[PDB]
Every structure is written in C-alpha cells, then in structure tokens.
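Bound complex of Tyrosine-protein kinase ABL1 and imatinib.
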Amino acid sequence: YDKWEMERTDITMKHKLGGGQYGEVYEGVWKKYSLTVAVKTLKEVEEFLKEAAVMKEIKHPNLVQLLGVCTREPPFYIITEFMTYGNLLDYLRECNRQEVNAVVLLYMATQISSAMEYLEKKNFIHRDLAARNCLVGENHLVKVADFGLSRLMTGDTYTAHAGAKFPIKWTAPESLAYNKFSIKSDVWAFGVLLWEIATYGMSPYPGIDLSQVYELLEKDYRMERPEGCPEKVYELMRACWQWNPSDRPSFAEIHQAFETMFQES
Ligand SMILES: Cc1ccc(NC(=O)c2ccc(CN3CCN(C)CC3)cc2)cc1Nc1nccc(-c2cccnc2)n1
Ligand SMILES: O=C1NC(=O)[C@@H](c2cn(-c3ccccc3)nc2-c2ccc(F)cc2)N1
C-alpha cells in the first residue's frame, strides 16, 4: 500500500451521486478536513486500478484531484474532490447568463486549456473531452475530469461505431476513420467544447443527423460562429478543427491565446 492508501473509516459514505447518473459514484465526507468528496467504487478490477494509477500522476488545479484510494479489501474506492456546482454542461444550461457572463466564459475556457496543456506536457491523452466531463466549483473554478460516460449515458450522445461507443459530434475525423487518438484529437474535441461554452450548452451540429456528420466534415463543413461569439474565439475553434492533426494548434498555444483574451477583457 502506497502513500495514497487511506483508511475506510476516514470517509463517511452518503448517497449515490446523482441517482446513478455516474454509475457507482457516491458523495462522501472526508471527515478530518470537513470536505465533501466523490467516491468511485467497484460494484473489472484491472481497469479500476489502472485508473487510480493514472490519477496518481496528475496534479494540476484544473484537473480533478485524487485524494486517496482504498484497496485493502473490497469494495475498492477511488476518492476525489467534489465540485460544488457539478458538471459544466448542466451548469451552462441552467445558469444565470448575466452572472456567468462573457468574461466568466473566457475564464472557464482558459482553465480548461490550462488543464489540457498539462496533459499535453505529460504525454497523456484524454480521449473524451466535452463539457459533460468538466466540473464547476465556486468562484468559477473549472476542472477537467473523465467520468467514463460512454457506458453510463443513455441517448444519442454516444452511439455505436467501429464496434465501440463514440460521441460522434466531438470525435476528430481520424479517430472516427482510423480509430487514431492523440493529443491533437483532444484539440479537436476542445474546439467542440468551446462551441458548447459559447452557446451555453447547446448540442453541437444542431438539427444535423449523426449520419451526415463525418461526410460533412470531410467536405469541409464546420459549425458557423455562434451568436455573440468573438472572432478571435471563433478563429480558435476553426484552428482546432483543421482536418490534418498536425495543422491543429497545441494546447500550449491555445492557453496562451486565452490568457491574453482573458486579461484584455
Ligand atoms: C470519484 C472519481 C473517480 C475517478 C475520477 N476520474 C477522473 O475524473 C479522471 C480524470 C482524468 C483521467 C486522465 N485520463 C488519461 C488517460 N485517458 C485515456 C483518460 C483520462 C482519468 C480519470 C473522477 C472521480 N470524480 C467524480 N466522478 C464522478 C462524479 C463526480 C462529481 C460529480 C458532481 C460533483 N463533483 C464531482 N466526481
Ligand atoms: O453570448 C455569447 N456568445 C458567445 O460565444 C459567448 C462569448 C462572448 N464572449 C465575449 C468575450 C469578450 C467580449 C465579448 C464577448 N466570449 C464568449 C466565449 C465563447 C466561448 C468561450 F469558450 C469563451 C468565451 N457568449
């Protein structure tokens, strides 16, 4: 047992988080610090433990933070911080837009690009970047997470493809075509995430059937600039959606771009 192991009794387990929305994830309390936490449990063990191992290597203010694990006897736990306002997609859809205004949106985008710049530097790939996988805390804190939603979400967000489950409208073309994932396919998804933010959580390619998406992209179709979107933000989206992965900017470049816009605003 390493430095991450914590005693089961350190955590008060409360109810399942969001009525199964997240699978076997529970809201808990880290008693000694009076902090609310999220606790993922295991009803497969290999994948579970591999996740914990990845998380031990990630430390950034805009990434969900591992706090501990319980691995001595079942059920095993992965414990992370809990974020006050929950997932970004629902947050955007339900917020007061005078309060969560343009400067807040720029701040959120900046934080997300910072997280991704970090994963980029560490040679990690996210593979499912989207507003549904981000969390919002007080004072507009935003953290990137990965909830493993493809196997929990009901509806058309994820649909079968290449014998797997893909969120087609967030998926880079090369990932769709040749099942190739890289930090540049995350950059593509980040562009879609910008559009989610810009529209306060609309579904992308609205009114366009999933069946048409890949062909449209292949023939150079791209979502148009959302109402109220600054040209500079839209330029970033278009750069993220370059057909060729090597033509897309790095997260380092994206973050620098947003840093500048945020401070200017
Ligand atoms: C309890 C838990 C356990 C594991 C994780 N895991 C991650 O969030 C995560 C993030 C990044 C990576 C990095 N990884 C690199 C490799 N690629 C392929 C995948 C991504 C992995 C896991 C989160 C949580 N936290 C969590 N889970 C579900 C819901 C909530 C939650 C809900 C509402 C409010 N606050 C929190 N919180
Ligand atoms: O009504 C709106 N339309 C939008 O696109 C959004 C918006 C407005 N500004 C803005 C910024 C500065 C001045 C005026 C407007 N910046 C954004 C934005 C969109 C996506 C993103 F990731 C981050 C920010 N608000």
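Residues: numbered from 1 along the sequence shown. No hydrogens, no waters, no symmetry mates; every other heavy atom, side chains included, goes into these values. Counting starts at 1 for both ligands and their atoms, following the listed order. Quick check of the header: X-ray crystallography, 1.9 Å.
Imatinib, all copies counted: located at ligand 1. For imatinib (ligand 1), the residues with heavy atoms nearer than 4.0 Å are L17, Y22, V25, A38, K40, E51, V54, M55, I58, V64, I78, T80, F82, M83, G86, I125, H126, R127, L135, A145, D146, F147. On the PDB entry, the origin listed for chain A is Homo sapiens. In summary, the atoms of imatinib (ligand 1) found under 4.0 Å from a heavy atom of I78, numbered by their order in the structure, are 1 (C), 3 (C). For imatinib (ligand 1), the UniProt domain of chain A with the most contacting residues is Protein kinase.
An N or O contact shorter than 3.5 Å links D146 to imatinib (ligand 1) by distance. Counted by heavy atoms under 4.0 Å from imatinib (ligand 1), the UniProt ATP-binding residues of chain A that qualify: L17, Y22, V25, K40, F82, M83, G86. Atoms of imatinib (ligand 1) lying under 4.0 Å from at least one heavy atom of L17, given by number and element, are 31 (C), 32 (C), 33 (C). For imatinib (ligand 1), the polar-atom distance check finds an N/O of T80 within less than 3.5 Å of one of the ligand's N/O atoms. Here is the list of imatinib (ligand 1) atoms found below 4.0 Å of a heavy atom in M55: 4 (C), 5 (C), 6 (N), 7 (C), 22 (C).
The distance from imatinib (ligand 1) to the heavy atoms of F82 drops below 4.0 Å at these ligand atoms: 34 (C), 35 (N). In terms of protein heavy atoms, atom 15 (C) of imatinib (ligand 1) is closest to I125 O, 3.5 Å. The active-site residue of chain A per UniProt that lies nearest to imatinib (ligand 1), with minimum heavy-atom distance rounded to 1 Å, is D128, 6 Å.
For imatinib (ligand 1), the atoms sitting less than 4.0 Å from at least one non-hydrogen atom of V64 are 7 (C), 8 (O), 10 (C), numbered in the order shown with element in parentheses.
With hydrogens left out, the protein atom closest to atom 29 (C) of imatinib (ligand 1) is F147 CE2, 3.6 Å, a heavy atom. Near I58, meaning under 4.0 Å from one of its heavy atoms, imatinib (ligand 1) places the atoms 13 (C).
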At less than 3.5 Å, what protein N or O atoms come close to the N or O atoms of imatinib (ligand 1)? Include the distances to 0.1 Å.
unit_1, atom_1, unit_2, atom_2, d
imatinib (ligand 1), 6 (N), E51, OE2, 2.9
imatinib (ligand 1), 8 (O), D146, N, 2.9
imatinib (ligand 1), 17 (N), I125, O, 2.8
imatinib (ligand 1), 17 (N), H126, O, 3.2
imatinib (ligand 1), 25 (N), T80, OG1, 3.0
imatinib (ligand 1), 35 (N), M83, N, 2.9

